[PDB]
Amino acid sequence: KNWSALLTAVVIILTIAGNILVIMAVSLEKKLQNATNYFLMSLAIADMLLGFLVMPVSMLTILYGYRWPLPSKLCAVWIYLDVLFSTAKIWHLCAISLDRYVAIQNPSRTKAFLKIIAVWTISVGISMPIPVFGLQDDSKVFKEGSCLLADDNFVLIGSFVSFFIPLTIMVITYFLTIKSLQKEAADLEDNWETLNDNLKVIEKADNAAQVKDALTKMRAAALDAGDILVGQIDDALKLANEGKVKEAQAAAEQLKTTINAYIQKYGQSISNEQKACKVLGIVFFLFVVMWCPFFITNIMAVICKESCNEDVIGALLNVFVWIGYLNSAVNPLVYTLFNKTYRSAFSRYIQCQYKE
Ligand SMILES: O=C1CCc2ccc(OCCCCN3CCN(c4cccc(Cl)c4Cl)CC3)cc2N1
Ligand SMILES: CC(C)CCC[C@@H](C)[C@H]1CC[C@H]2[C@@H]3CC=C4C[C@@H](O)CC[C@]4(C)[C@H]3CC[C@]12C
Ligand SMILES: CC(C)CCC[C@@H](C)[C@H]1CC[C@H]2[C@@H]3CC=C4C[C@@H](O)CC[C@]4(C)[C@H]3CC[C@]12C
Ligand SMILES: CCCCCCCC/C=C\CCCCCCCC(=O)OC[C@H](O)CO
Ligand SMILES: [Mg+2]
């Protein structure tokens, strides 16, 4: 009741401060100058604004027993901001998972800021009926002196249009990305074993036919994995045509170092992408799980409208909205625990020390 807004002041400060640090890490540290971190910044701005504009007023309403204390046309604006920032979070998370998947089937700041503005303009688009209709008709934004989204059509259609189509895409594109990266690793182990098999074949060889056939199959396996090494095989395949067998065999042991080079490089690469898919999936998992109680309970407010205790349902909505607000505090901590780049960045900003 009266004591309950002491907890909420904590959740505001950790939100504001963590997300400021995320915006500072992406603005300053050059190891974060990529499209994914550009989305993560935009998300942190949404998280910061939710902490500044929405969350203190929600705390304020807890102090006035949910009876709305500000001007009456401020109610529909507060619900607009609340839905706007949460809608922008889900559409960001979806835009990350989609963009990161599309990139794995492919070979600029401007390209990222264009996508972000698209996410924000859709979020402003979908949230827009709330003040347009709500400022016109208080029956849509007030229930018994309390400022809450009252129109059940807005809750249902918004819950599915503005949160189930992005979630569907986010969950599908995440799972296909795991499978995409799993095939890439499978396909590189296969290319390692056939290169290594033909390395052992060239070294055992007695004649020009065995080397020429084995280097032809090394070049084929080279075309699958890729540039640099392919010509070096051709540098040795022309030796094997002339009959220069000892001469081709010594070139192939020189190919060995160039093969081991591209293997560890493409091998780190997929480990790092699967490290990153692991972090983003915790961000994704937490957003849904923490907002899941509020989402289900608010839809059940609408279904059993008369059948259920409106007072109990509403006393759970007021608890379950802070589990989702707490999700504004988590994304920064996730980055601290699972990225050296953010953890180092944050650790120096805490000592008021900004130069990379
Ligand atoms: O399972 C899933 C699927 C993925 C997903 C995405 C988003 C999500 O939640 C965001 C919805 C909150 C937006 N605001 C919250 C605050 N709310 C409000 C306004 C006035 C008074 C009061 Cl009391 C309240 Cl609560 C208005 C609407 C849940 C899920 N869950
Ligand atoms: C809902 C409305 C009224 C809230 C006001 C929006 C304000 C707080 C937002 C929207 C535009 C934002 C800025 C847009 C661009 C940049 C450049 C980037 O490199 C660092 C953050 C910074 C500087 C943002 C900080 C926060 C910001 C100023
Ligand atoms: C006391 C008399 C009038 C009957 C009232 C029944 C009410 C209190 C029941 C029926 C519907 C129930 C809700 C239905 C769905 C959910 C979502 C889930 O996360 C569990 C809690 C929650 C939010 C339930 C809490 C209890 C609930 C609100
Ligand atoms: C006479 C007045 C008629 C008024 C009725 C017709 C208005 C038509 C407009 C848009 C359809 C509904 C828009 C739904 C999207 C906005 C609401 C929203 O996004 O709510 C999500 C919320 O977070 C969930 O908890
Ligand atoms: Mg083999």
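The chain is numbered in sequence order, starting from 1. These values consider heavy atoms only, across backbone and side chains, with no hydrogens, waters or symmetry-generated copies. In each ligand, atom 1 is the first atom listed, and ligand 1 is the first ligand listed.
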Colleague: Choose from carfentanil, aripiprazole, dinaciclib, balovaptan the drug or drug candidate located at ligand 1.
Modeller: aripiprazole
Colleague: Which macromolecule makes the most contacts with aripiprazole (ligand 1) here, by its name in UniProt?
Modeller: 5-hydroxytryptamine receptor 2A
Colleague: Going by UniProt, which numbered transmembrane segments of chain A, first one at the N terminus, have a heavy atom less than 4.0 Å away from aripiprazole (ligand 1)?
Modeller: 3, 5, 6, 7
Colleague: Which residues flagged by UniProt as binding serotonin in chain A come closer than 4.0 Å to aripiprazole (ligand 1) by heavy-atom distance?
Modeller: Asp82
Colleague: Note all other ligands and ions lying below 4.0 Å from aripiprazole (ligand 1).
Modeller: ligand 4 ((2R)-2,3-dihydroxypropyl (9Z)-octadec-9-enoate)
Colleague: Please list the residues near aripiprazole (ligand 1), using 4.0 Å as the heavy-atom limit.
Modeller: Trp78, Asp82, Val83, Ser86, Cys147, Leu148, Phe163, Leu167, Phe287, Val288, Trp291, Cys292, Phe294, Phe295, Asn318, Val321
